[PDB]
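The structure to be discussed contains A77 1726.
All residue numbers refer to positions in the sequence shown, counting from 1. In each ligand, atom 1 is the first atom listed, and ligand 1 is the first ligand listed.
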Amino acid sequence: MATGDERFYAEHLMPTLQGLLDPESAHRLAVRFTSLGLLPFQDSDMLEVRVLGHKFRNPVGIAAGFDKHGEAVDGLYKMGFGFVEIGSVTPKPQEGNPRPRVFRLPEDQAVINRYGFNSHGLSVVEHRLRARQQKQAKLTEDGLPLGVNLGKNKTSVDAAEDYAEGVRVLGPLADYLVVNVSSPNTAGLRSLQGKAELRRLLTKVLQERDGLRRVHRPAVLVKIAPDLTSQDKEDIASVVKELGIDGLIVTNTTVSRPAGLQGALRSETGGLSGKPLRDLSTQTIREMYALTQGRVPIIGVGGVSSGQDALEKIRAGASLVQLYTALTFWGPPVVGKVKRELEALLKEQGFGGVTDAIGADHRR
Ligand SMILES: Cc1cc2nc3c(=O)[nH]c(=O)nc-3n(C[C@H](O)[C@H](O)[C@H](O)COP(=O)(O)O)c2cc1C
Ligand SMILES: C/C(O)=C(\C#N)C(=O)Nc1ccc(C(F)(F)F)cc1
Ligand SMILES: O=C(O)c1cc(=O)[nH]c(=O)[nH]1
């Protein structure tokens with residue numbers, strides 16, 4: 001419990017917790033424990049990455065969705081994440097979908113969720129981040145940056161204005177912002193990934209970002225689905241290059257249900273995460289890196305539970321990776337495990353550090 005032993009968590013604690021609590025209760029309890037700093041690896045220099053205007057002490061971040069309301073940021077750095085992304089946050093508070101809305105597929109090492117952007121809203125999150133703003137400035141300066149992921153309200157009549165409000169309110173408190181246009185759980189949202197709509201939306205977002213004072217001006221990334229057509233991907237690449245978007249987060253959860261899922265809850269509605277998403281996400285990273293000529297930083301996400309999974313996404317083109325669903329199976333020790341395995345594999349494959357491996361599959 002205090003040592004952070006990989007076998008104890010994986011074989012005993014996590015399976016027992018999963019037997020006692022429904023998945024949303026487990027999520028809530030985990031946010032509480034983490035936020036209080038009740039948790040069970042010294043980052044080598046090889047793991048440092050400079051991208052998005054910042055130093056990252058290691059490339060393993062916590063993906064959006066775990067800490068939707070910015071309650072557990074310090075506890076997540078304490079767990080060993082090199083960067084934390086909170087959100088998605090919507091402009092006004094909203095409850096999200098009815099419960100149950102989160103489902104485990106233990107036989108598949110996967111989760112399906114349909115939270116529907118349950119959010120405390122911008123104002124609450126703004127005050128929560130303001131209460132630790134200078135502590136975060138020091139963390140960022142120390143190589144531990146903070147990302148804020150923005151969503152839109154269910155009943156909003158103007159999606160772009162929702163994201164612009166997010167830029168104005170939380171942009172000043174974030175090292176990077178994410179325009180989340182890839183939740184599967186908000187009606188109409190994924191259609192904003194289409195070319196004309198994306199160009200209009202991101203033009204407005206970047207104008208708002210550019211209007212912030214220079215020390216409060218974050219990088220802006222777009223988080224995309226794993227379910228895009230070839231046409232969709234080509235269009236996103238074109239718009240991102242045309243507008244000078246700072247990066248992409250690849251990928252959100254999938255609405256697909258890969259052949260072979262075994263969990264009893266495989267046909268629940270929602271986005272699927274974890275191991276069945278892993279290679280779909282990796283392949284989306286590979287395609288987006290190629291379409292952007294390796295000039296647009298990618299944060300790779302989807303099914304990472306080991307150093308090999310992280311390195312495959314880095315070699316496919318990610319400069320940084322994130323994970324969430326693996327934590328629900330393996331607990332806290334998985335963060336240090338990914339980092340230690342990633343360092344060992346980089347050495348084994350002749351890389352001087354993470355930076356050298358970024359996009360390495362495209363050069364062979
Ligand atoms: C319970 C849950 C909630 C999520 N909520 C969000 C969210 O609010 N915003 C977002 O951009 N992604 C959200 N995601 C997606 C994750 O950030 C990540 O893209 C995806 O789960 C793939 O990573 P993983 O396989 O490591 O979980 C959520 C995922 C899960 C499992
Ligand atoms: C949806 C979801 O978050 C869960 C389920 N099911 C869950 O177990 N969460 C969860 C469980 C444990 C941790 C930690 F590692 F930090 F201790 C983090 C998140
Ligand atoms: O709140 C949610 O349902 C949610 C948002 C998102 O971006 N991705 C996801 O899998 N769930």
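All instances of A77 1726 are found at ligand 2.
Most-contacted chain for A77 1726 in this structure, per UniProt: Dihydroorotate dehydrogenase (quinone), mitochondrial. Binding site of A77 1726, heavy atoms within 4.0 Å: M14, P23, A26, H27, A30, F66, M79, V102, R104, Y324, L327, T328, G331, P332.
Considering both main-chain and side-chain atoms, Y324 comes within under 3.5 Å of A77 1726 through a nitrogen or oxygen pair. Of all atoms in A77 1726, numbered sequentially from 1 with element shown, those under 4.0 Å from a heavy atom of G331 are 15 (F). Residue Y115 has no N or O atom closer than 3.5 Å to an N or O atom of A77 1726. Apart from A77 1726, no ligands or ions have atoms under 4.0 Å away. Atoms of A77 1726 lying under 4.0 Å from at least one heavy atom of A30, given by number and element, are 10 (C), 11 (C), 12 (C), 13 (C), 18 (C), 19 (C). The organism reported in the entry as the source of chain A is Homo sapiens. Taking UniProt's list of FMN-binding residues in chain A, a heavy atom lies under 4.0 Å from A77 1726 for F66, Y324.
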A77 1726 N/O to protein N/O, distances under 3.5 Å:
{"residue": "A77 1726", "atom": "3 (O)", "partner": "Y324", "partner atom": "OH", "Å": "2.8"}
{"residue": "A77 1726", "atom": "6 (N)", "partner": "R104", "partner atom": "NE", "Å": "3.2"}

